[PDB]
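Notes for the one structure printed next.
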Amino acid sequence: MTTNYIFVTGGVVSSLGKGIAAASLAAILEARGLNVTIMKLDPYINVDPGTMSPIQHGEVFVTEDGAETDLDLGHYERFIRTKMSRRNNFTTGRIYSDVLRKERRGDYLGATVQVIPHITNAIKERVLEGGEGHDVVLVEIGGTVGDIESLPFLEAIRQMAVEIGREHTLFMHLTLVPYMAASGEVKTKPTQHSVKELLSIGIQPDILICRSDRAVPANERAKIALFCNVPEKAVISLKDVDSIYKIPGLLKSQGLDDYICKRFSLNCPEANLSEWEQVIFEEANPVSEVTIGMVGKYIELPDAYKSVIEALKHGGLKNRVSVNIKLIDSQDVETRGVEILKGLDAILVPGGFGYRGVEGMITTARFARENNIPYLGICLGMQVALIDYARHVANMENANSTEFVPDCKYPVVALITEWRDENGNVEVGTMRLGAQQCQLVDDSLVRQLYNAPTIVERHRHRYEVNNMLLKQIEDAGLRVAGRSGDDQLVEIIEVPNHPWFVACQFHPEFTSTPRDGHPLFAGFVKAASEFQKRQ
Amino acid sequence: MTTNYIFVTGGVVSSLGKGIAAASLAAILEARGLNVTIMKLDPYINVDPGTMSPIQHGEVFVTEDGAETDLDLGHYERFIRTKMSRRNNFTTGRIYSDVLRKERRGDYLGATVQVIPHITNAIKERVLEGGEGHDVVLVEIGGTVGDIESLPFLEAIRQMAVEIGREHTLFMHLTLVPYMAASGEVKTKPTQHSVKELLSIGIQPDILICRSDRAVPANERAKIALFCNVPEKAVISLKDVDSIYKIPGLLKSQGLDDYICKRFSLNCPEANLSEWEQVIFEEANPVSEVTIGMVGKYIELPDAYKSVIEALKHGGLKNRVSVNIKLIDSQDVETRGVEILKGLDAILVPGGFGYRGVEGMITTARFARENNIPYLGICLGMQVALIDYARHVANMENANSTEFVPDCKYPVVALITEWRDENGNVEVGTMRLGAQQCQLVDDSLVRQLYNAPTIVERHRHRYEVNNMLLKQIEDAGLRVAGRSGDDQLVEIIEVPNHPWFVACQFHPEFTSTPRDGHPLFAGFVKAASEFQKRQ
Amino acid sequence: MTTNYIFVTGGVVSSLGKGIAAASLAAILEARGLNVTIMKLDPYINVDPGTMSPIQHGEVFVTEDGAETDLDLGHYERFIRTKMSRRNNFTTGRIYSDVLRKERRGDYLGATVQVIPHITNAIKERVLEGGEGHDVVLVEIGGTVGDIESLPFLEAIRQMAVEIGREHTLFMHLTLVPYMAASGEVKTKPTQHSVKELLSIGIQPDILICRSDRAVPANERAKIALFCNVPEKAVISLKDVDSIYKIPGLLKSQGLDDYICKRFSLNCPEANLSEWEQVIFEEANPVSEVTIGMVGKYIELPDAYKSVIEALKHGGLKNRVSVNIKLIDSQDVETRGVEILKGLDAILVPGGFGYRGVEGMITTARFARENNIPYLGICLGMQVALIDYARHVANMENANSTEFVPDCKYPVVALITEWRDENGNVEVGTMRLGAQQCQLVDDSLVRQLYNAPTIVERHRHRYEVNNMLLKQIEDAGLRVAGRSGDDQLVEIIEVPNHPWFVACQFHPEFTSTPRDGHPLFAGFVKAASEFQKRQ
Ligand SMILES: Nc1ccn([C@@H]2O[C@H](COP(=O)(O)OP(=O)(O)OP(=O)(O)O)[C@@H](O)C2(F)F)c(=O)n1
Ligand SMILES: Nc1ccn([C@@H]2O[C@H](COP(=O)(O)OP(=O)(O)OP(=O)(O)O)[C@@H](O)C2(F)F)c(=O)n1
Ligand SMILES: Nc1ccn([C@@H]2O[C@H](COP(=O)(O)OP(=O)(O)OP(=O)(O)O)[C@@H](O)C2(F)F)c(=O)n1
Ligand SMILES: Nc1ncnc2c1ncn2[C@@H]1O[C@H](COP(=O)(O)OP(=O)(O)O)[C@@H](O)[C@H]1O
Ligand SMILES: Nc1ncnc2c1ncn2[C@@H]1O[C@H](COP(=O)(O)OP(=O)(O)O)[C@@H](O)[C@H]1O
Ligand SMILES: Nc1ncnc2c1ncn2[C@@H]1O[C@H](COP(=O)(O)OP(=O)(O)O)[C@@H](O)[C@H]1O
Ligand code: NA
Ligand code: NA
Ligand code: NA
């Protein structure tokens, strides 16, 4: 058949939850047996978010192919089984970089290179590249209709709709319908004005998704329909929900997938949302409760840890354990000591870069190891666990990473090219990104949990365990639970004189889903439940 | 010398409280000794609110000169001591009516009559007529910037700004800065887009008033300033408040009146808000509480009783009593009996037209008279009090108004022209609107409260007390407390053998203010608390 | 003093003559003794027009510093004596290239890189770099207000106006006021709508320049003023003129420079336009007439030869000779023979790249040399003259450039790195751009005309005269009139058995002005006049 496109735009404000709405609609369509994908067009000038700081736009998501992407691709993978790659996310920066490359080396044959057709052509080419082969492609346009930054994306998708044909293309626009407490009604005026803004760029929306802190009533939806040239049945209410896993059900109950399947002439069975109903059921029927402390340096922006927070909740689902996630600043552990780590059933130290707040994480790893509090360390969380054990068990005073203290005597963490021992003796793309096969060691906690000899997890780090100093830490009782590659790089460590102490170099949070959970997070939350019971 | 204008527009949504914001700014400027006025330009086609239904439109406000005006002119008179007239409110309807009549007459000398200049000229003439002679004129533009209905007003004030000069004109634009729960941010984007919309009409705002459920922080105000060509100190936060009487102080604390006085080269002393400080104090520090039942036929829209609800609150301020106003549908009294009138410390029956729910009100007046529950009847509320006393004390079976039962035996309430006795015997402009001098009766409860032989109150009514049946009601012990005119029309009735029972034909709520209160409402709330003690 | 900025935008259509209007205003201000510069912001993605084809956007202008720029910088240098450089022209491509470079190497320190502030900051930095030091800086914004491509430039200059202050910044907007033949009036509606478009982006224009095929009358200018918030005196008529040299006078006669000097508080004497009055006088008072054939490959777009065409007219001014420039396709000379070169008083072969139409130019050079028709060859025009003489006089059959026939026996024109002789023997940044000192040979025609031993002219070429084959062409009677550099590269050749035959490698048209003329073009047109008289 001919691939169909749903272009998803946002009006009035950002932070509408456009990724989650697009992902939720994708989940309904996939549950009708359709081959569906999603792609994110970001109006940022960054060629990719690989440079970007976690405390700016949130977590840097990593795909299998090692692309550094917007955290929305995390939402996409948690809602649909279509695996994301580089071609599901691109920026204005990427588009201009490509056109500039082609221009400087004569591809345009002396032409004036213009926003139209050259920038718009490059956008359309990347949409087609990511989309063609699928039944339905959701194309999420970042930025707000009415702003400068999204205009080339909007002009590009306007052209695509005409070329491909309106039998194969739909415009789905999200707006804010805010509640005015003073008047006790939700307001359609921003929707009315946002639709006129979208039309002024050349796009008639086919479907309006109305974000509000409550259902948009029939009268307000009829008024939006009346002023926006949209059928009343294509005006959809997407209220604030306590669980994003409910959104597929809410959209399906308003016939959104039926409307799309009719417009695209797709003859497919009714969506079976049993898998989402199950996740909701699990969430609403916990048997016990745990408090897990996430001790990191980016807690001021929780979205810095989006996938980790979701992974912990998924750990809860599989154990019927309600997880109270307590975000704790590692700098507060440096200031106020281990007093603030009290009342925790488990401690997670997530990924990060830079020395700021790391000594707090090392102190935190110490506290969890000594007091037998279940511990999961991710990337930096593994480094601080290795440093902790190197210093306080293997008696390597001031043991550190070359990232933090370049000239330290015991660089137990360092770049492969920097590897040295305590006497400064040496051996005879440092950045690891995306899916890597990891060999699990027999009689390791993780080799049981994963229940396989080999696993595939995703990396985003350059600072490795120093193999030259590892043997001394192994003598002192630290277990290597996982390795990878020719250089036998350390992937997982365990402290076996402890009910549950695991730390990995990879980001297991990136392969966790609400439906399939994750062996490591399920095990971590189980251990948290067991600890809570023993108190 | 030269009259200054502040044009006040609204963006994003209506229900911003633009009239209250304008009235609040006018209160600060009046408190600096300036001669200030406010006018409301309504984009509705109704020539005036005279026809409009309370349930749909809200209360019809009446000025001294007997103009039927927008509810907002009530806010104006409650915030400043400048008296409103016909000149302070006009509609699109009034403007097109003016121009159509000039055209049909032949004033335009066979010219093509156009939105510009003819409609815009008619708007500017009415603004100048209302404004000139004042130091500062606040011109509130109804409707939302971006809608069709306000465009002629916006083009008119754009022209006025250029003609009069920008040394004497400012544009003050209200927007919504909504809060997004999921991001914990207030959003400037709607303000950004609304200012571009206002610019697209030809108006650069000078001052932005940011309505939000919370204070708009410095970063958000700075961002608005950056995108809107507005100095940061001219971006004002007008958060949701528990009392509108706080708004003058909140605007003063942000230097709004200083900015305006500087722009207009007005050298005047600092605003003395001591009277508003007293009002805010009184409201926050009630010594006792009362429940007053307002029994009417429009309670489905409380704004139908805007000035009555405010007058009750002001009654509370003067006696240091918190007033819990219970809105009771008079038809529920017809249906479920007088049981729904229990737990009331006082009963108010306000104005209204048409028979629907009136029998419930008559029964309510009976219940209040027989159980010694304090009673204030306003217009219809007086009619039902006379009808009650006529029926159940003066033994006039089925005594009614000709408005409701035209051919009733005892029309104790009827038009002056319709006046007849029980046998059908007669004596050998009916609508009363605006200020009327009323003579009070010596030793009456109202002669006391008002402390004058003559008072001025405002009428909006047609149906009078039938003087041919009055003497019979007087014999049964009803006291006439006030009269007016050559026709000796009954203005106020009292029931002696009652702690507090007053009913008046005029609307005393239209002369009540938070600062000076109202003798009648002060008396009524005083009686309500005295009753509440005796229980 | 503080540098003042005039931001010059275009509305309704492109091809308004915005460069010439900005240049003409600059000429008035310079004639008031002000230090004035102009810069062009082009919304094209090309990093520069160095790649761009002549038959797309017109001639590639070259500044002294060797920057390849928009032809508008040619207008700037012909109207003001402030010499242009790289910093007087930049593109969107250049801006994005710079921001992308900075981003990929961590200058933004993990920030999200955005159109605002990062793209707008980069634009503002380049405006300040090109402007600061001058009294008045004219900033010409390419593209049309209302289009996507100019929005970042427009947002950038909006920010600059607020930051620098409106005491130092003016917005000057050009619009089309088209004539409707059917109704016999010029139309202000496009101006009205274009101004609202500009305002919707956040810019209130201060000055409106109305382009029309006739003066915009007082009534139409008053109507524009009324609807656009612009004083009537700041609405300027810029009609179509027969000579662009008249434009400074037309703008001065409407008080435009007075208005600018008042807004910027610049106390300077009345503009003395004597130099422009002289150019106009010369143009209007020729003594004789000549027809000069320009034989090239880009004649379908005359703007491909903008500076050459102006240089020929300037040649006319200095001789009081009216020059009829006949554009002749060199491919028509290949097809139809030298029949179409009849009735020419002189022949100019301008610059170009690619073999298409070159054999026609060689044939043309032959015709001019043999029939004693005055000849000027520029760059390619010199190559074809050398080829002509090499082939038909020095008996080097099929003598050619390596650009056209790489493997030819006699590459008399070739890259320095390709230099070889007829037997394939060799010697024991190829691109030359911008100002180069050239040594003129004693007893050469050019050493007289330039009347100096050394001259500075501007290059844009890589294909040089082959020194290894030159001596043989010199033996055959060709004179080398000019050389440059260590490699003694041939800059000028002459055929001395001819009244006037000169060809240069440089682009003398780039240093020609209407006021100062050019020694070489003056001499060329003189020779054309002398030839015309001899017939
Ligand atoms: N394009 C338009 C649309 C409407 N209106 C005018 O808009 C007016 C109503 O204004 P409101 O009550 O603020 O708007 P609402 O649409 O009900 O939106 P909300 O859901 O935010 O309350 C009518 O007089 C009108 F006349 F209908 C207008 O003038 N031009
Ligand atoms: N005219 C404009 C203005 C801004 N932006 C772009 O707007 C983007 C930021 O979008 P956000 O975070 O949703 O907007 P905010 O302005 O912070 O407003 P809020 O207070 O509602 O959050 C930048 O990349 C940009 F580039 F700055 C734009 O493209 N065109
Ligand atoms: N913003 C505006 C401006 C004007 N008009 C209306 O525009 C109408 C006149 O239309 P025309 O004759 O085509 O316009 P012109 O301005 O004279 O421009 P041109 O110079 O191109 O002829 C009036 O009825 C109006 F009413 F004045 C309008 O409705 N809204
Ligand atoms: N239905 C919903 N109810 C509550 N929060 C939601 C909902 N959908 C999304 N969110 C949250 O809203 C926030 C904003 O989402 P984001 O992806 O930044 O929006 P946008 O794509 O429009 O910029 C996120 O924290 C997201 O989890
Ligand atoms: N600052 C404020 N805080 C709380 N409520 C407010 C505030 N300002 C106004 N209100 C309330 O909000 C409503 C304003 O609606 P309205 O005056 O009709 O809107 P507009 O002035 O935009 O036409 C009223 O119910 C008023 O009491
Ligand atoms: N006053 C004028 N009269 C006639 N032609 C003019 C005038 N001003 C400019 N032109 C011509 O108009 C054409 C368009 O100029 P151009 O620089 O392309 O405009 P823009 O900068 O708006 O794109 C050029 O050929 C230019 O020489
Ligand atoms: Na409404
Ligand atoms: Na923002
Ligand atoms: Na007209």
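To find a chain's letter, count down the sequence lines: the first is A, the second B. What you see of chain A is 1-428, 437-543, where the numbers are those given in the PDB entry. The residues of chain B that appear here are 1-428, 437-543 by the PDB entry count, in order. Residue numbering in chain C adheres to the PDB entry, whereby the residues present occupy positions 1-428, 437-543 in order. Just so you know, ligand 1 is whichever comes first in the structure, and atom 1 is the first atom listed for that ligand. Every heavy atom of this structure was used, including side-chain atoms; hydrogens, water molecules and symmetry mates were not. Cropped entry; intra-crop contacts only.
- Looking at ligand 2, the drug there is gemcitabine triphosphate.
- For gemcitabine triphosphate (ligand 2), the chief contact partner in this model is given in UniProt as CTP synthase.
- The other chains with any non-hydrogen atom less than 4.0 Å from gemcitabine triphosphate (ligand 2) are A, B, C.
- Counting heavy atoms within 4.0 Å, the binding site of gemcitabine triphosphate (ligand 2) comprises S14(A), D147(A), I148(A), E149(A), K187(B), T188(B), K189(B), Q192(B), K223(B), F227(B), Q114(C), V115(C), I116(C).
- Not one N or O of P190(B) is nearer than 3.5 Å to an N or O of gemcitabine triphosphate (ligand 2), by distance alone.
- In terms of protein heavy atoms, atom 18 (O) of gemcitabine triphosphate (ligand 2) is closest to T188(B) OG1, 3.3 Å.
- Ranking the protein heavy atoms by distance from atom 21 (O) of gemcitabine triphosphate (ligand 2) puts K189(B) N, 2.9 Å first.
- Entry annotation: chain A, source organism Escherichia coli.
- Contact atoms of gemcitabine triphosphate (ligand 2) toward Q192(B): 3 (C), 15 (P), 16 (O), 18 (O) (distance under 4.0 Å to a heavy atom of the residue).
- Here the protein heavy atom with the shortest distance to atom 9 (C) of gemcitabine triphosphate (ligand 2) is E149(A) OE2, 4.4 Å.
- In terms of protein heavy-atom proximity, atom 7 (O) of gemcitabine triphosphate (ligand 2) is closest to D147(A) OD2, 3.2 Å.
- Residue-ligand proximity, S14(A) to gemcitabine triphosphate (ligand 2), at heavy-atom distances under 4.0 Å covers atoms 11 (P), 12 (O), 13 (O).
- The shortest contact between atom 27 (F) of gemcitabine triphosphate (ligand 2) and any protein heavy atom is with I116(C) O, 3.0 Å.
- Close approach to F227(B) involves these atoms of gemcitabine triphosphate (ligand 2), each under 4.0 Å from a residue heavy atom: 3 (C), 4 (C).
- For gemcitabine triphosphate (ligand 2), other ligands and ions under 4.0 Å: ligand 8 (sodium ion).
- Atom 17 (O) of gemcitabine triphosphate (ligand 2) has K223(B) NZ, 2.8 Å as its closest protein atom, hydrogens excluded (heavy atom only).
- Of the N or O atoms in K196(B), none lie within a sub-3.5 Å distance of an N or O in gemcitabine triphosphate (ligand 2).
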